[PDB]
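Encoded as structure tokens, the structure appears first; notes follow it.
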Amino acid sequence: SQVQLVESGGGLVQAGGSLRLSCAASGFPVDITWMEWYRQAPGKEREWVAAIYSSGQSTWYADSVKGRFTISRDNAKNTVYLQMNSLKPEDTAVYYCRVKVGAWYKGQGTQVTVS
Amino acid sequence: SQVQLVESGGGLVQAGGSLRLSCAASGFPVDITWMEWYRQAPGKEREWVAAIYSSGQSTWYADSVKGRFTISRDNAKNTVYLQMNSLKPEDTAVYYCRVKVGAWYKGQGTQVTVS
Amino acid sequence: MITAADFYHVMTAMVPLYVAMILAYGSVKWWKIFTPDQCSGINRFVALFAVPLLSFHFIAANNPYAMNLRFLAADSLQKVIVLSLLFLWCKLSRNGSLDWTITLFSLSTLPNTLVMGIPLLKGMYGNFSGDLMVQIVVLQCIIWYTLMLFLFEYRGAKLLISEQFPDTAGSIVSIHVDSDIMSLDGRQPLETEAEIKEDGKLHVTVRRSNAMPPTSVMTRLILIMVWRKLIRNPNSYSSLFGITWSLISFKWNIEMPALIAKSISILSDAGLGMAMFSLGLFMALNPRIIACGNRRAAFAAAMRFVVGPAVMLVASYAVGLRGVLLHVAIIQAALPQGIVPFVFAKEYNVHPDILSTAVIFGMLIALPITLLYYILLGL
Amino acid sequence: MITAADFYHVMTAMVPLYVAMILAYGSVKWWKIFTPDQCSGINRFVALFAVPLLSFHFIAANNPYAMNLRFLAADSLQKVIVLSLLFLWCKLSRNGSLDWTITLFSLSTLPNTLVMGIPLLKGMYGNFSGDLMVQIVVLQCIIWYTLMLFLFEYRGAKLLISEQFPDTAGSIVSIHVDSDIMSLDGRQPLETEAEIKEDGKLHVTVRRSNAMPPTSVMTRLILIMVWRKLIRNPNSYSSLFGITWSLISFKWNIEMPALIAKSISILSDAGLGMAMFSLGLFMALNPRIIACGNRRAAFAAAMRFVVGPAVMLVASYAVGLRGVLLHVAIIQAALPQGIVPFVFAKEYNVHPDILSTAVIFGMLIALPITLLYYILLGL
Ligand SMILES: COc1ccc2cc([C@H](C)C(=O)O)ccc2c1
Ligand SMILES: COc1ccc2cc([C@H](C)C(=O)O)ccc2c1
């Protein structure tokens, strides 16, 4: 009945800034299981970045972005917040959430671009 | 040209005696390689007992007759002497030599029988 | 009454079938000649080379402009009366699923017509039975092995959506399948992914994993997962060129040239003997003959030799087959179970143990049961 | 001169042979369908079931009381002139062994007559060539695959005594072989043991290991090691019952009954197509076509298409074959190399690389060479 995923926080910024990404959800019974965050480069590839899930104290990261990006889930507002710091210039790619309610639901709404 | 293998030493004796078996050969070029001594029971089977060969300081023995029977080769007289001590009563079998000149040559001549 | 010569002409064309089967069953269990890894070598050959060149020889010789259209209706009336009653069962009862609908359909209205049915009925009612038994082989390889192929895809395309979209199954528009997938089964991990659009439209993409919808949507996902299962099946290339040559040849009276006709007749003559030799190897790879139990093995010969023929005895008074055509229509339904309905149940795992019993146990009683129908119709 | 129809009747019965071979060569190297472990499944089937039932059908139909005894002498004169000259080479020269005598004999006087020779010559000189080409198949499967079987045992029974009895080889009376051994080869360890008697008599027993003699002695050891290689070979049970039925049937005019004749004709028709399909798999299991080198692959086609036929051109003036029988005798010697002379050279390791070349390279030039002999004899 018109299920909705809302993304916010992105934009254009220079190198060395800070952004606060978001992924708001509404209209699900459970909506916890295993959520992700990943990039989508203009060179056709896609690297999985961060994940928070039902454990909460376990985050699966990559090697290049290891220990530098902050992930946080709000179970009350049904929103996962993504804080990113020391933004490298290779961030022209689109960065969005991959919520999972048993099957993977996704959106596309950001314009993350770092000069 | 009438090659000849001569065996001697056997006979009938009670338990606890001593016998001196022999295997004399004549008419070969080399006649060293790997010689044997084995039993032939009336229960159709045959257990390999002792062996002296080109090394000389290596004798392959069995488990039941281990370290109790004396083997000795005479390279001059072309005769291998077999001294046996503490003769067990299960020695009704025929005990003879198995000289090897590249193929296995054998005889049959003894009457080893222990009551 | 009958003669003793008619009993002899049956044994002339049924004894060379069992000789080619006992030598296959004997040379594995008794003398241990073939390794069971090497046993897959012959079963690979018969499925690809012998049978699709054997079915091409019967279809491209059968006249399409003189098919007995009255006999062809009273066999398309068995497969509709049985198909209408089973869908009345799976949608009104309290325990009727679709996993029992197809299995109770392959046991009843799909005999072994090509390999075994043609030489038996040729040795019972002259040579015009040898033309009628080809006219059913054409319809099985072009309709009734295709309608059954949709019923396994619809069995699969319902599970993958109902397992993983239980809450918002009603607002999906398009479904996109990557070309890696050949069978949405659960054999492969099948990471399912769903795009979200603005006004409730919801694109769904089915992928490969590393490390109810509208009926205008299910009738697109199925037709993609049938076109990928039809251009790989070699028998679909046999019956396509068989009908196309037969519509050309029997109008302008063109006879097929001897350079091509003898090029196919060197493998097609190696098709009927090897098929009974490949089937004889199959009845020794199993651990037991009766696998699922003695309470369901007799159920196989209850929905095949009774409910099979006796529904054509009432589907032949309606169309108007009497005399000699009535006896040939009843006997061709009491033939043992075909092998192509097993091949489907082995891939999709829809009861492989029942159809593995009905083929092997069906062959061992196929002779002394159809001979009872030859006697009781001759009086 | 000739017609264009005679060129057509050759291609009618030679094109279906190469179609059954290209599909075997293609489906391994190009499309990779068969696993090479499963490739041994079909080669196990053709050696045991297809061929010994195919050779039984030709021998038990051939009339023995009307064999062309003049044609049967001018093919037993090729295989004696060649066999007399090679033993003059291995006993007078300075480098003539016996390991080169047999290999220079199988390349010259043993063509492929059963599978490929019969359909070619039937399509060139009417139907009486189809009866003559069976009358050579009988003599190959009963004499010239048996005299060659003694020459591999005498190659083996000389090595085992001359290696391990170099000094007292002249005073051995009897040789006893245990029933474990099937081939005194060196494949098995073969502990040799010699009893000693009183007056120079020397019994020898050949065993299995765990963890010159008088000519009245060598002609007993060989006849034991041939009787053990003849009651296991399935083709020796084909030609034995083939001749026995044919001597009965063509005197009292008994025709073979249709229950038995159709029992064999379901496997024998699956024999000629499968043999060319099994041979096509063999020309892709090898790493290279030309294996031992380009200086000996052309030697194979030098002792097979030249020294083979041109010694029958002088062995036919002597017997007195002119006219039409002269052309059929020359062409049947230029056929490509048989497969049974390879089977021997693979077991006994007497040059397996040369005969593996001459079979495969012999098939690829068999057609454009015998067609040259059809033209040059027609002028
Ligand atoms: C591996 O053994 C097989 C495979 C496929 C077969 C197909 C057929 C035809 C198409 C049919 O009877 O309906 C017959 C026998 C067969 C044996
Ligand atoms: C595994 O392929 C074979 C094995 C044996 C064969 C025998 C023959 C006959 C006996 C012959 O030609 O002389 C033909 C072809 C054959 C192919």
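Chains: lettered A, B, ... by order of sequence lines. The numbers used for chain A are those of the PDB entry, and the residues that appear cover 4-118, in sequence. Following the PDB entry, chain B residues are numbered 4-118, in order. Residue numbering in chain C adheres to the PDB entry, whereby the residues present occupy positions 1-211, 455-622 in order. Here chain D follows the PDB entry, giving residues 1-211, 455-622 in order. What you see below is based on every heavy atom in this structure, not just the backbone, and it leaves out hydrogens, waters and symmetry mates. Whatever order the structure lists ligands and atoms in, that order sets their numbers, starting from 1. Per the header of the entry, the method used was electron microscopy, 3.7 Å.
- The drug seen at ligand 1 is recorded under the name naproxen.
- Per UniProt, the macromolecule in most contact with naproxen (ligand 1) is Auxin efflux carrier component 1.
- Contact chains for naproxen (ligand 1) (heavy atom under 4.0 Å, other chains only): C.
- In chain C, numbering transmembrane segments from the N terminus as UniProt does, a non-hydrogen atom closer than 4.0 Å to naproxen (ligand 1) occurs in segments 2, 4, 5, 7, 9.
- Per the deposited entry, no covalent link of naproxen (ligand 1) reaches a chain.
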